[PDB]
Each structure stands twice: as C-alpha cells, then as structure tokens.
Amino acid sequence: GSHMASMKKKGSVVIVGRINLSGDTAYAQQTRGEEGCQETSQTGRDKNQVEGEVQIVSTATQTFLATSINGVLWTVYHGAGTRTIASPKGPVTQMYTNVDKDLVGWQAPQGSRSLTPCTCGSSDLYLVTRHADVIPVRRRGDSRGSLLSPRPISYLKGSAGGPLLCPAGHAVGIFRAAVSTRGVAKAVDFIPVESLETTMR
Ligand SMILES: CC[C@@H]1C[C@]1(NC(=O)[C@@H]1C[C@@H]2CN1C(=O)[C@H](C(C)(C)C)NC(=O)OCC(C)(C)CCCCc1cccc3c1CN(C3)C(=O)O2)C(=O)NS(=O)(=O)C1CC1
Ligand SMILES: [Zn+2]
C-alpha cells in the first residue's frame, strides 16, 4: 500500500498449549482458546504460565510447534516468519532468524524447560508430534530419518518445529519437512541440533 497510516502489522506468535512429556504418558494440553489467541497475537502480551519443553504455537493463520533447547525457543521460519512472540511484558523480537535453514528462535520463556543437545551419536530417534504421538525414526543422514511406520502427511501436518529426541531424551533436531510420496510420509527432514548450536555462535 501507499497509504502508510492504514498499513497493518502482523501479530505475534502465541503459545496456545504444550506437549506434556513430564510423566509416563505424552499428551497435548491446550492453554489458550482461539479468541484469546487472536487477542494475544494483536497485543503481544501473554501472561499465561509456560511449562515444559515443547510448546504448541499459533499465528492468525497457522499452528505448529516450538521446542526449547539451550535456553532458546526454536521453530520454523515457514510458520513464524520474522514475527515476535507474545510474552508477559509484550512482544519479544527473534534472537535468531535463518531462512536458509528454515529456523528461528526467541529467548526461552520464563517457566519453560530446555532440552539438552544430544552428544550420544545414536541413530535411534523419536519424533514428537502436535498430537503427542511419539514416532520412532531411524536416522538416515545429517538431516533425514525414516519412519519405522509410514503415515499420511496429514498426521504430521502442524508438527514442524517439534523435536526429534534420542533414547535418553536429548534433542537431536527440529522437524522441518516431510519426505512424501503420493501423500505418504516415509521419512522426515530436520534441522540438526548441531546446526542450531552453530547458529548460536
Ligand atoms: C506436513 C508436515 C511437514 C513438517 C511440515 N513442513 C512442511 O509442510 C514444509 C514447509 C515447506 C514444504 N514442507 C514440506 O514438508 C513439503 C510437503 C510435505 C508439504 C510436500 N515437503 C517437501 O518439500 O519435501 C522436499 C524435501 C526435499 C524433503 C525438502 C527437504 C529440504 C527442506 C528445507 C530446507 C531448508 C529450508 C526449507 C526447507 C523446506 N521449507 C524451507 C519449506 O518451507 O518447506 C509442517 O507440518 N509444517 S506446518 O504445517 O507445521 C506449517 C505451519 C508451519
Ligand atoms: Zn543423546
């Protein structure tokens, strides 16, 4: 537009729930409904308590996951773009933005818990989805892993930004894209945790 006075601003990313991994059962919890989400995206002021490692996040148009690792809440650029995140004190600007890696990060919210980067060098992995499914994945390269049991891409949609974990529960990567044939995901592409660690320097 040429009329700057009426140009709009995009809202903030808003935390609307979490994937609870604290007990013996993984389950999704919603912490904010759609009306409250819309309001919070506009103001960027979110006073809700944050807990856990894996957050469910939303914009006005999309919903996906974000994962705390080393004191940074990470997600995908294809979901968040350059948006701020809502926080108790107002919008918080990204501390990391890398379109080439499809990676963004903000300082981790107070109350969150961070995963530790994996140093195990192990190839037996576990992908956590927005529905709290824990999907076994065999690592197949730096940024790929195969599903032991393939799934329609519908099952994975909305889980970009979520973690791949090793057997000990360390972060191995951030889910980025599905490797799909005829709508069936046989594998996943992820941003390796080492790439996050390099971004942090
Ligand atoms: C459905 C579950 C998927 C996790 C998910 N992500 C996606 O939907 C991403 C977003 C977009 C497309 N895509 C794919 O997964 C596609 C697909 C299945 C849609 C057909 N696969 C593909 O292109 O494989 C090709 C392959 C060669 C394997 C790509 C590897 C390179 C990957 C790569 C490297 C560097 C930069 C970029 C990329 C890809 N990238 C930018 C980018 O923007 O990708 C999601 O759930 N998104 S979401 O619904 O949460 C959304 C709201 C956030
Ligand atoms: Zn590990």
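For the single chain, residues carry numbers from 1 onward in sequence order. Heavy atoms only: backbone and side chains are in, while hydrogens, waters and symmetry mates are out. For ligands, and for the atoms within them, numbers begin at 1 and follow the listed sequence.
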K.L.:
What drug or investigational compound is present at ligand 1?
P.N.:
vaniprevir
K.L.:
Identify the binding-site residues of vaniprevir at 4.0 Å, heavy atoms only.
P.N.:
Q62, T63, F64, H78, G79, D100, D102, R144, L156, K157, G158, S159, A160, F175, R176, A177, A178, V179, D189
K.L.:
Is it the case that vaniprevir has an N or O less than 3.5 angstrom from some N or O of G79?
P.N.:
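Between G79 and vaniprevir, no N or O pair is found under 3.5 Å apart.
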K.L.:
Please determine if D189 has a nitrogen or oxygen closer than 3.5 Å to a nitrogen or oxygen of vaniprevir.
P.N.:
no
K.L.:
So if I count the atoms of vaniprevir from 1 in the order they appear, which ones are less than 4.0 Å from some heavy atom of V179?
P.N.:
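Every atom of vaniprevir under 4.0 Å from some heavy atom of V179: 28 (C).
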K.L.:
Any protein heavy-atom neighbour for atom 15 (O) of vaniprevir (distance below 4.0 angstrom)?
P.N.:
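Yes.
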K.L.:
Around atom 4 (C) of vaniprevir, find the nearest protein heavy atom and jot down its residue, atom name and distance.
P.N.:
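Checked against all protein heavy atoms, atom 4 (C) of vaniprevir sits closest to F175 CZ, 3.3 Å.
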K.L.:
Any nitrogen or oxygen of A178, side chain or backbone, less than 3.5 Å from one on vaniprevir?
P.N.:
yes
K.L.:
Give the residue and atom name of whichever protein heavy atom lies nearest to atom 48 (S) of vaniprevir, and the separation in Å to one decimal.
P.N.:
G158 N, 3.7 Å
K.L.:
Scan the protein's non-hydrogen atoms and note whether one is under 4.0 Å from atom 23 (O) of vaniprevir.
P.N.:
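Given the 4.0 Å cut-off, atom 23 (O) of vaniprevir does not count as touching protein heavy atoms.
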K.L.:
Any protein heavy atom under 4.0 Å from atom 19 (C) of vaniprevir?
P.N.:
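It does not: no protein heavy atom is found less than 4.0 Å away from atom 19 (C) of vaniprevir.
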K.L.:
To check your reading of the model: name the closest protein heavy atom to atom 35 (C) of vaniprevir, its residue, and the distance in Å.
P.N.:
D100 O, 3.4 Å
K.L.:
Which atoms of vaniprevir are found less than 4.0 Å from any heavy atom of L156?
P.N.:
2 (C), 46 (O)
K.L.:
Could you list which atoms of vaniprevir come closer than 4.0 Å to a heavy atom of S159?
P.N.:
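Close to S159: 46 (O), 50 (O).
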K.L.:
What residue and heavy atom of the protein are closest to atom 37 (C) of vaniprevir, and at what distance?
P.N.:
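In this structure, atom 37 (C) of vaniprevir has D102 CB, 3.8 Å as its nearest protein heavy atom.
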K.L.:
Any idea which protein heavy atom is nearest atom 38 (C) of vaniprevir, and the distance to it?
P.N.:
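Ranking protein heavy atoms by distance from atom 38 (C) of vaniprevir, first comes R176 CD, 4.0 Å.
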K.L.:
What is the nearest protein non-hydrogen atom to atom 29 (C) of vaniprevir, stated with its residue, atom name and distance?
P.N.:
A177 CB, 4.1 Å
K.L.:
Please indicate, with yes or no, if any protein heavy atom is found under 4.0 Å from atom 52 (C) of vaniprevir?
P.N.:
yes
K.L.:
Using a 3.5 Å cut-off on N or O atoms only, is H78 in polar contact with vaniprevir?
P.N.:
yes
K.L.:
Measure the distance from atom 45 (C) of vaniprevir to every protein heavy atom, then report the residue, atom name and distance (to 0.1 Å) of the closest one.
P.N.:
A160 CB, 3.5 Å
K.L.:
Please report which non-hydrogen protein atom sits nearest to atom 1 (C) of vaniprevir, along with the residue it belongs to and the distance in Å to one decimal place.
P.N.:
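Among all protein heavy atoms, the one nearest atom 1 (C) of vaniprevir is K157 CA, 3.7 Å.
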